[PDB]
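ACHN-975:UDP-3-O-acyl-N-acetylglucosamine deacetylase complex.
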Amino acid sequence: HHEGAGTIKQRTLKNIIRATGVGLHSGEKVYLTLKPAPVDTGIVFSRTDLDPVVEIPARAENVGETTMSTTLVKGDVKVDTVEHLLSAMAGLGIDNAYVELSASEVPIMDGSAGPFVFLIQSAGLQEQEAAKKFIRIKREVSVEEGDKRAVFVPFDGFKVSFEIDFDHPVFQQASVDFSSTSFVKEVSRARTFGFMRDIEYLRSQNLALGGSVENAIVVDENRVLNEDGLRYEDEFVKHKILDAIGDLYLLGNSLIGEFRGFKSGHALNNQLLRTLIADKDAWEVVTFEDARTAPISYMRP
Ligand SMILES: CC(C)(N)[C@H](NC(=O)c1ccc(C#CC#C[C@@H]2C[C@H]2CO)cc1)C(=O)NO
Ligand SMILES: [Zn+2]
């Protein structure tokens with residue numbers, strides 16, 4: 001036993017994770033396997049139902065549609081609704097992993113990232129022999145469209161603010177800083193949500209076909225319909241934060257910076273990432289030779 005500086009290191013899974021579920025939008029039954037991956041692989045989604053297998057790295061450049069969920073595309077092959085799983089992975093510091101899926105949509109589980117964090121954390125994480133690379137924000141980068149707004153600001157840590165503006169009796173602002181807030185405890189359990197009003201339209205378009213009170217906060221004209229209510233008083237805005245954490249992980253590396261979202265969503269989050277990547281003065285890749293002086297820290301593996 002000796003004392004010295006240690007690099008903050010890349011992580012993969014210690015064991016394989018298998019789950020079965022349903023696609024929120026497609027309603028399809030889907031089998032999910034997460035597997036360990038070598039250093040610098042990133043998170044790569046593998047459609048194992050196809051022959052040959054089609055692999056899509058979870059990066060901003062592969063993002064197709066972003067109307068309802070965050071979708072990845074390569075050719076005519078898609079992987080839908082990647083944000084909640086990706087959010088779980090970013091939240092626990094996973095750099096490298098294969099996500100195999102038997103169908104085009106990640107399973108929705110209970111509508112949050114909780115079950116994923118739980119499955120992953122039961123399997124365990126494996127630190128690997130390479131420095132973890134971070135993306136540090138060095139300038140303000142903002143995108144807007146109409147009243148929607150998404151911003152990166154320099155910040156020595158990682159924090160996220162979000163504000164939504166729904167006119168609905170059921171109601172809007174939250175900030176979370178990973179120096180104090182636990183991702184796992186205060187964010188990961190926040191479920192997706194939908195309004196009864198949109199549901200038939202959505203289904204009329206073959207969207208929300210797997211959605212139910214079992215996997216979503218469902219809201220009618222006046223109230224939450226789920227018999228047992230909300231897991232957090234501000235669950236709705238907490239889920240928007242959960243979504244943003246997963247959409248930001250399409251950078252392919254954790255962030256050192258601050259994100260602020262104002263009625264933001266998947267499209268604008270993706271626009272923001274693209275604008276950031278284009279503006280190489282506004283960011284740089286960094287490592288930390290000494291975890292003790294880093295501005296971020298992680299749970300034991
Ligand atoms: C919140 C956000 C960002 N808009 C998005 N979620 C969705 O779009 C979405 C979520 C739930 C439903 C439903 C249902 C249902 C249902 C069945 C009718 C009730 C009966 O049992 C529909 C759409 C998201 O969290 N994306 O990541
Ligand atoms: Zn979501």
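Numbers for residues simply follow the sequence, beginning at 1. For ligands, and for the atoms within them, numbers begin at 1 and follow the listed sequence. Below, all heavy atoms of this structure are taken into account, side chains as well, without hydrogens, waters or symmetry copies.
Every copy of ACHN-975 included, the relevant parts of the model are ligand 1. Within ACHN-975, the atoms closer than 4.0 Å to a non-hydrogen atom of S212 are 15 (C), 16 (C), 17 (C), 21 (O), numbered from 1 in the order shown.
Of all protein heavy atoms, the one lying nearest to atom 3 (C) of ACHN-975 is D243 OD2, 3.3 Å. Looking around ACHN-975, I see these other ligands or ions under 4.0 Å away: ligand 2 (zinc ion). Near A208, meaning under 4.0 Å from one of its heavy atoms, ACHN-975 places the atoms 22 (C).
Near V213, meaning under 4.0 Å from one of its heavy atoms, ACHN-975 places the atoms 21 (O).
Nearest protein heavy-atom contact of atom 15 (C) of ACHN-975 is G211 C, 3.5 Å. Atom 23 (C) of ACHN-975 has as its closest protein heavy atom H25 CE1, 4.2 Å.
Those atoms of ACHN-975 that come under 4.0 Å of a heavy atom in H266, given as number and element, are 26 (N), 27 (O). Less than 4.0 angstrom separates atom 20 (C) of ACHN-975 from none of the non-hydrogen atoms of the protein. Atom numbering of ACHN-975 starts at 1 in the shown order; those under 4.0 Å from a heavy atom of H239 are 25 (O). Distance from atom 18 (C) of ACHN-975 to its nearest protein heavy atom, with residue and atom name: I199 CG2, 3.8 Å.
Counting heavy atoms closer than 4.0 Å to ACHN-975, residue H84 contributes side-chain atoms (C-beta onward) but none from N, CA, C or O. Considering only non-hydrogen protein atoms, atom 27 (O) of ACHN-975 sits nearest to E83 OE2, 2.3 Å. The protein heavy-atom contact nearest to atom 11 (C) of ACHN-975 is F193 O, 3.6 Å. Source organism (PDB entry) for chain A: Pseudomonas aeruginosa.
Closest protein heavy atom to atom 5 (C) of ACHN-975: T192 OG1, 3.4 Å. In this structure, residues within 4.0 Å of ACHN-975 (heavy atoms) are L24, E83, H84, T192, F193, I199, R203, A208, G211, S212, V213, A216, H239, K240, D243, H266.
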Taking a 3.5 Å cut-off between nitrogen or oxygen atoms, can you list every pair linking ACHN-975 to the protein, with distances?
{"residue": "ACHN-975", "atom": "6 (N)", "partner": "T192", "partner atom": "OG1", "Å": "2.8"}
{"residue": "ACHN-975", "atom": "25 (O)", "partner": "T192", "partner atom": "OG1", "Å": "2.3"}
{"residue": "ACHN-975", "atom": "25 (O)", "partner": "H239", "partner atom": "NE2", "Å": "2.9"}
{"residue": "ACHN-975", "atom": "26 (N)", "partner": "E83", "partner atom": "OE2", "Å": "3.1"}
{"residue": "ACHN-975", "atom": "26 (N)", "partner": "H266", "partner atom": "NE2", "Å": "3.2"}
{"residue": "ACHN-975", "atom": "27 (O)", "partner": "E83", "partner atom": "OE2", "Å": "2.3"}
{"residue": "ACHN-975", "atom": "27 (O)", "partner": "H84", "partner atom": "NE2", "Å": "3.1"}
{"residue": "ACHN-975", "atom": "27 (O)", "partner": "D243", "partner atom": "OD1", "Å": "3.1"}
{"residue": "ACHN-975", "atom": "27 (O)", "partner": "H266", "partner atom": "NE2", "Å": "3.3"}

